[PDB]
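Here is a PDB entry that includes prednisone.
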4 protein chains.
Amino acid sequence: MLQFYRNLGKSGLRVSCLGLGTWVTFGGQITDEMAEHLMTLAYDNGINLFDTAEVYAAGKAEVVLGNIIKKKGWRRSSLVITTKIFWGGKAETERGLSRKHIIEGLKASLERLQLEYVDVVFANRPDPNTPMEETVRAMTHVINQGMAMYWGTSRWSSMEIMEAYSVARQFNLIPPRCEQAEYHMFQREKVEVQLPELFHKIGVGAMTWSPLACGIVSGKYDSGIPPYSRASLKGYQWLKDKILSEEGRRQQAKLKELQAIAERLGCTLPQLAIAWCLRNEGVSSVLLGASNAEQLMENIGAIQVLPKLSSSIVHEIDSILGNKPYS
Amino acid sequence: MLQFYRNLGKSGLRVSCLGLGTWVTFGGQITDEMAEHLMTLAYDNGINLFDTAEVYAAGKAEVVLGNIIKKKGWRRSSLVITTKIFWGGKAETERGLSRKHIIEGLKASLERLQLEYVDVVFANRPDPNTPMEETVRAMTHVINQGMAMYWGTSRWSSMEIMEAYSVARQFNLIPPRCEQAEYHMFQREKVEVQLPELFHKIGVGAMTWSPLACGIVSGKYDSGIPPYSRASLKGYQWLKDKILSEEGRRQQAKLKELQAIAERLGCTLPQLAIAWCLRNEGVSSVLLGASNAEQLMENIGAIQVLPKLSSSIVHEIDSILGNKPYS
Amino acid sequence: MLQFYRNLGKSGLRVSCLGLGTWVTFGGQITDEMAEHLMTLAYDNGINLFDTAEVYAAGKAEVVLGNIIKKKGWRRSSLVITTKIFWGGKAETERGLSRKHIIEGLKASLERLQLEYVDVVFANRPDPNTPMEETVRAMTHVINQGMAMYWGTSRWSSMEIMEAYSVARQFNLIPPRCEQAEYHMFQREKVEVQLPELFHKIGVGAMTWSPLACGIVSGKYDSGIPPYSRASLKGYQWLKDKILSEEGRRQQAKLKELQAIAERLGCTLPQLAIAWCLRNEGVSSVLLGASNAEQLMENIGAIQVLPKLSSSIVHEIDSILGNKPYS
Amino acid sequence: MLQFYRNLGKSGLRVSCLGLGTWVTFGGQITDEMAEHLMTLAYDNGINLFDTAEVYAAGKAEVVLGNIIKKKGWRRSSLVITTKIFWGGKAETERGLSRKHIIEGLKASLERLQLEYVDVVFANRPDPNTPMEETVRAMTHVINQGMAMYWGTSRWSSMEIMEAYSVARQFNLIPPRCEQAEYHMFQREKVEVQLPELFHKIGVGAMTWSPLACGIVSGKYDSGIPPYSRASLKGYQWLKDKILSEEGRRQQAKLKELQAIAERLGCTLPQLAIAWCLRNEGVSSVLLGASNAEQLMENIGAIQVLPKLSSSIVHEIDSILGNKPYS
Ligand SMILES: NC(=O)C1=CN([C@@H]2O[C@H](COP(=O)(O)OP(=O)(O)OC[C@H]3O[C@@H](n4cnc5c(N)ncnc54)[C@H](OP(=O)(O)O)[C@@H]3O)[C@@H](O)[C@H]2O)C=CC1
Ligand SMILES: NC(=O)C1=CN([C@@H]2O[C@H](COP(=O)(O)OP(=O)(O)OC[C@H]3O[C@@H](n4cnc5c(N)ncnc54)[C@H](OP(=O)(O)O)[C@@H]3O)[C@@H](O)[C@H]2O)C=CC1
Ligand SMILES: NC(=O)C1=CN([C@@H]2O[C@H](COP(=O)(O)OP(=O)(O)OC[C@H]3O[C@@H](n4cnc5c(N)ncnc54)[C@H](OP(=O)(O)O)[C@@H]3O)[C@@H](O)[C@H]2O)C=CC1
Ligand SMILES: NC(=O)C1=CN([C@@H]2O[C@H](COP(=O)(O)OP(=O)(O)OC[C@H]3O[C@@H](n4cnc5c(N)ncnc54)[C@H](OP(=O)(O)O)[C@@H]3O)[C@@H](O)[C@H]2O)C=CC1
Ligand SMILES: C[C@]12C=CC(=O)C=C1CC[C@@H]1[C@@H]2C(=O)C[C@@]2(C)[C@H]1CC[C@]2(O)/C(O)=C/O
Ligand SMILES: C[C@]12C=CC(=O)C=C1CC[C@@H]1[C@@H]2C(=O)C[C@@]2(C)[C@H]1CC[C@]2(O)/C(O)=C/O
Ligand SMILES: C[C@]12C=CC(=O)C=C1CC[C@@H]1[C@@H]2C(=O)C[C@@]2(C)[C@H]1CC[C@]2(O)/C(O)=C/O
Ligand SMILES: C[C@]12C=CC(=O)C=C1CC[C@@H]1[C@@H]2C(=O)C[C@@]2(C)[C@H]1CC[C@]2(O)/C(O)=C/O
């Protein structure tokens, strides 16, 4: 009963249930050649959603993504490109959601991407220093300038998203259409309980990230930090600490149990976890991450697992995770 | 009492009571040379309205229409060019009335047409996947961007048109100005009963299409499918089936009776049918279709039949058709 | 107590109490050389307001006005250029106040003028075929597009001007700022009674035209139609008929009486009539017309007569004219 | 507890607590070489705010400021450039806050600055000849045109600023974000009593000017007009008169007393006065003025004095000045 393509929240934008992100990898961990191969595989398998941010690899991720698009020559109308704005430089005024940085930041991102506009521009996080009205007006401005088709939020509380909505309706500006939130077996509350309320009330869609908890859900950290794994990269000590933390080891324990279910279904753990993220219609799309083609092809294979996620399998997983949120 | 030129609904746009469409013919069934001749004949006879769509001949119709305009060099201000948006490609995001496709679609159409803007951009059909607000805001955006002067609907129910109006008035956007609907002796309800209500309530005008039911009303299918008739073209099996269907044969029977009236008036059947479509002021313009110059000149001749359409002749036609709608 | 410069109605635009028009003369009756001399004289004497229209000499007036500006090289910021839109071609859609013609017409005028924008764009007359909302939205659009700084009306009734205002306030569009109306000793009602109401109620200013009734007030038609006078030009039979009409001869009779007052004041009749037009603050500026430098210099001299227009002189003139409107 | 960077009023724009102005100096009193050195020193010390005006040195100040930016090549996103509009030429229409001059003036300023936009455009003073609605709409227009990020007022009464706010909320336009007001030990009322009310009520910020009262607070006029001091420059007789006026001599007397406190703190008088201006959070930034590098470096040193401004020191200063406003 899976619909590979679905509307992003209550908007007319149709996105593939799986998208491909560029955090850590593009312009950073992987070569541009590998990046080109991964994007081609995604596109060829129906994926039309690609996410990035001005902050990724100090702008390099956008340059690489833009180069691939130009090199491959795919029709712009067949792509859904999203980018996030917030961290755009070391200067005081090069960060935040002020009208100045939203305009300067997106303009710079578009230049790096070699694109006239992105399909969705997201505030990468909330800005306690900028009044909602200014941010909503600025987002509306860039959309009206043809620099973006839609705008959205990321890591905003449901109250903040509703505040953006309130401002849009009070001053007749454009309402946000999507919230890019973390979602995986170890982070469920927001996406499973709060976001559905926003969907029904104001049509905001949910585009989720880190479906494997940065690779942790793959289960390859079962016995330490594998050489060259994300957690071993420079600038990712924070990920390593989480993995080696007491709770991180408790997560691995549960993964072992989940691993059993995977085998019982005939799929890998990552495939189980990703398919799990797409089990409810509440999620419009899950953004994937991959450092090589084997991972990406494996991940995309999650779609075949979906039909096997019976209410029985779901309850089993909840029993193991023991973190089913309260409705 | 006929006014060759009239306002399109309650707008300041003046259109000829007859327009020339490009479906099937331009960039497809006929040569560009024939297309040039037909458009010249139309223009020289006072017709200022020419309709097309991004979907016609996969974009070729717009290219041909644009070439003729450029070659003939007619003043842009003396022309009323309309195009329809909805089917713009095979990719998921290349169809519909989302802000993304409305903007990308019209931009591409304008490029093919070699025009800076169209006079009216129509949604080719309703989009159940896009909220009215998004569509109305997008139409408003392209008008404000100078890509179109006005926008309209096509094949929308009167309720959907009123919904577009509701959205425009609630958010202070631009209301639709015209509905391009099917109208001929065998399809009367919507145009004769519903559209007049929209005209009086919200000033929406009626621009009708397929006045000869794709050629069926010409009566040339009286004894089968004539070689090279539209119904015999590739990709038009649907038309042939309708003609050969039980109801299609019942239509021909009535045509024979109508044919009698035509002769009694001194005009052809097509001329009778077209003049019939223009008998009421409710219709702003009737879009013609033609594969050769004889047909077009014949069709334009319908204007001379108008004065002969007495209340008596109209009642006779209703008696024959037996499908006069209930008011 | 005369202020040579004043605000145009309740707007921040400062115009000279005298302006120079281009009807009949520019690109038509006079040579471009004479036109250049007249504009230079005006500008050098403090006049910053120059009026034209897309219809004058089929566009030639705008070309000449634009050439002079470019040749003389005056700063654009030191000029107030106004043009009027309505009659822009022979095609059906090349006339009126529809969104299509307002945009196409002003764009064409700007091209002829070699200017990026006019200070004020006026509807040359009312358009019974275009809803007020469409016209007001179109005027607002060109102002927002930077093609004009302000918009106004011409030959509109006070009710129609208030209707434009109603539409602007209901849909949050831009209100009109000036009405260009006929004003001279033989046409007083509208400017003396109605326009002041609009000034106080909605801040609309009054820019008047034909201060000499096309030359009639000069008194040179006292004994027939002087060779080469405007009334003798081709396409101006209408003016000649008015002059030779019964009422036209009755006007000359009164002019003779006025002539006496002029001599008593030490000024010419035209100077008396023009100064008369500027006697009340209700008029922001009077648009002058001239076919040679003697006339223009004479007319500008009207400013010196102003101080001599005592309440006694005004009553005398009213007694002679016998057409003082009722308040 | 000082935060070097702070929000400009309730906006997301972050400005350094100290800014560098260009009045008198740039393109005028100092060489472009000196101007370059001063701006570099400011920038290198964290200052991101630079103020100018179309009227300064008849446009030359903007040319010099723009040249330095281009020569130094600093990222535009790391700078906050503000300019003021009002006096833009000798022609009648080249001054004021009409839509015409706001657009023409800022366009010309941007051209001189070699910039696409300024961060904040200020009305240099109030315009009694232009209705608030026109000014607010024009400011909104240039912001929407991408010529400025924000707009503000200068030398406007708190009532006039609230009027601009009223207009913005009534017609859904953009509200002003900052008031550039005079602030120093001899001019305190407005900034200390009125502006805080506007901050809390409508989020307007306070950017202050002439922190040394044009150099008077430096105390170098203790015994006359020093050669080459601002007060001795051509076109600044007004400053000299103030200094030599009875009240001006009374100010010097108090400066002598303040001088004592400075020495007691281990700082210069200018440093004491500038730090004094930044003692309250009500002031977002203080615009500095300097004719040489010694002054600028001295002034910037005011930041170190801040921590020494105890409630005791403040009361002492108030006792000396004797002009503490009433709350
Ligand atoms: N809005 C926001 O704040 C955020 C947005 N995002 C978006 O979401 C996207 C995806 O997030 P991301 O955290 O990368 O996703 P995941 O949590 O799915 O982690 C993907 C990473 O895990 C490893 N991995 C992936 N598949 C496998 C596999 N089959 N077997 C073993 N290891 C595997 C790889 O790392 P390695 O091989 O190096 O171990 C890969 O880079 C981003 O690119 C970005 O676009 C992400 C975070 C936040
Ligand atoms: N908004 C919408 O969804 C729609 C819009 N339209 C618009 O309306 C226009 C007209 O529609 P269309 O269906 O073509 O019109 P008609 O129903 O009038 O059919 C015209 C066709 O019938 C035949 N024909 C025309 N005149 C004669 C004649 N005198 N004698 C014999 N056969 C004749 C020709 O086909 P042949 O010679 O090949 O038999 C011609 O191509 C289109 O081009 C398009 O612009 C049309 C449909 C839908
Ligand atoms: N909005 C609208 O509908 C209208 C706008 N206007 C505007 O107003 C402007 C002025 O109107 P216009 O009718 O020309 O003005 P006037 O009524 O003042 O007539 C001017 C004409 O009268 C003659 N004349 C002028 N001064 C003298 C003089 N001192 N002695 C003798 N004859 C003299 C000249 O014609 P000649 O030498 O050929 O006799 C000249 O062309 C126009 O150019 C136009 O810009 C005008 C009409 C309508
Ligand atoms: N919005 C508005 O209407 C106004 C805005 N402003 C803005 O504010 C900025 C600053 O104003 P400004 O009046 O110049 O500032 P100040 O009152 O601080 O005066 C600065 C001037 O005083 C002298 N000076 C500065 N530091 C010292 C020192 N340490 N020792 C001795 N003399 C010193 C210099 O003049 P010299 O060496 O020649 O004596 C210098 O040019 C302007 O450049 C402008 O951007 C200013 C006024 C009005
Ligand atoms: C390093 C960073 C950037 C600068 C900074 O001062 C602080 C942080 C911490 C949080 C980071 C952020 C990013 O670079 C963007 C991140 C990594 C984010 C957490 C999620 C994120 O929002 C994202 O989008 C991943 O895809
Ligand atoms: C083939 C088509 C295009 C793609 C598609 O998936 C389905 C259809 C079916 C209905 C078609 C449509 C068109 O191409 C446009 C048409 C033909 C329309 C019916 C009326 C129409 O709207 C029109 O405009 C004729 O002029
Ligand atoms: C000839 C004309 C243009 C075409 C037309 O079909 C009818 C008329 C009659 C009224 C004319 C008009 C103009 O050309 C503009 C005029 C002359 C106007 C009367 C006042 C006017 O509005 C004006 O502006 C003079 O300055
Ligand atoms: C000379 C000037 C410009 C022209 C004019 O007709 C009158 C004045 C007097 C007041 C002046 C003004 C300026 O030039 C700008 C000034 C100097 C202003 C006072 C403060 C000011 O607003 C400012 O900004 C200094 O930085």
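Labels below follow one simple rule: chain letters A, B, ... track the order of the sequence lines, proteins then strands, and each chain is numbered from 1. Values reported hereafter were calculated over all heavy atoms of this structure, with side chains retained and with hydrogens, waters and symmetry mates removed. In each ligand, atom 1 is the first atom listed, and ligand 1 is the first ligand listed.
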Task: prednisone - positions in model - done: ligands 5, 6, 7 and 8
Open item on the list: What's the chief binding partner of prednisone (ligand 7) here? Just the name from the PDB entry is fine.
Closed with: Voltage-gated potassium channel subunit beta-2
Task: prednisone (ligand 7): other chains within a non-hydrogen distance below 4.0 Å - done: C
Task: Heavy-atom proximity to prednisone (ligand 7) under 4.0 Å: UniProt NADP(+)-binding residues of chain C - done: C/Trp23, C/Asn124, C/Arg155
Open item on the list: To check your reading of the model: name the closest protein heavy atom to atom 22 (O) of prednisone (ligand 7), its residue, and the distance in Å.
Closed with: C/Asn124 OD1, 3.0 Å
- [ ] Under 4.0 Å, heavy atoms only, figure out whether prednisone (ligand 7) is touched by the backbone of C/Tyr56, its side chain, both or neither.
- [x] side chain
Open item on the list: Need the prednisone (ligand 7) atom indices (1-based, order shown) with element for anything under 4.0 Å from a heavy-atom of C/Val55.
Closed with: 14 (O), 15 (C)
TODO: Return a yes/no value: protein heavy atom under 4.0 Å from atom 4 (C) of prednisone (ligand 7)?
DONE: yes
TODO: Please report which non-hydrogen protein atom sits nearest to atom 20 (C) of prednisone (ligand 7), along with the residue it belongs to and the distance in Å to one decimal place.
DONE: C/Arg155 NH1, 3.9 Å
TODO: Return the nearest UniProt active-site residue in chain C to prednisone (ligand 7) plus the heavy-atom distance rounded to 1 Å.
DONE: C/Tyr56, 2 Å
Open item on the list: What protein heavy atom lies closest to atom 17 (C) of prednisone (ligand 7)? Include the residue and the distance to one decimal.
Closed with: C/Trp23 NE1, 3.6 Å
Open item on the list: What protein heavy atom lies closest to atom 9 (C) of prednisone (ligand 7)? Include the residue and the distance to one decimal.
Closed with: C/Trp87 CZ2, 4.8 Å
Task: C/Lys84 heavy atom under 4.0 Å from prednisone (ligand 7) - done: yes
Open item on the list: Could you walk me through which residues contact prednisone (ligand 7), taking a 4.0 Å heavy-atom cut-off?
Closed with: C/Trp23, C/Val55, C/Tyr56, C/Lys84, C/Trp87, C/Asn124, C/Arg155
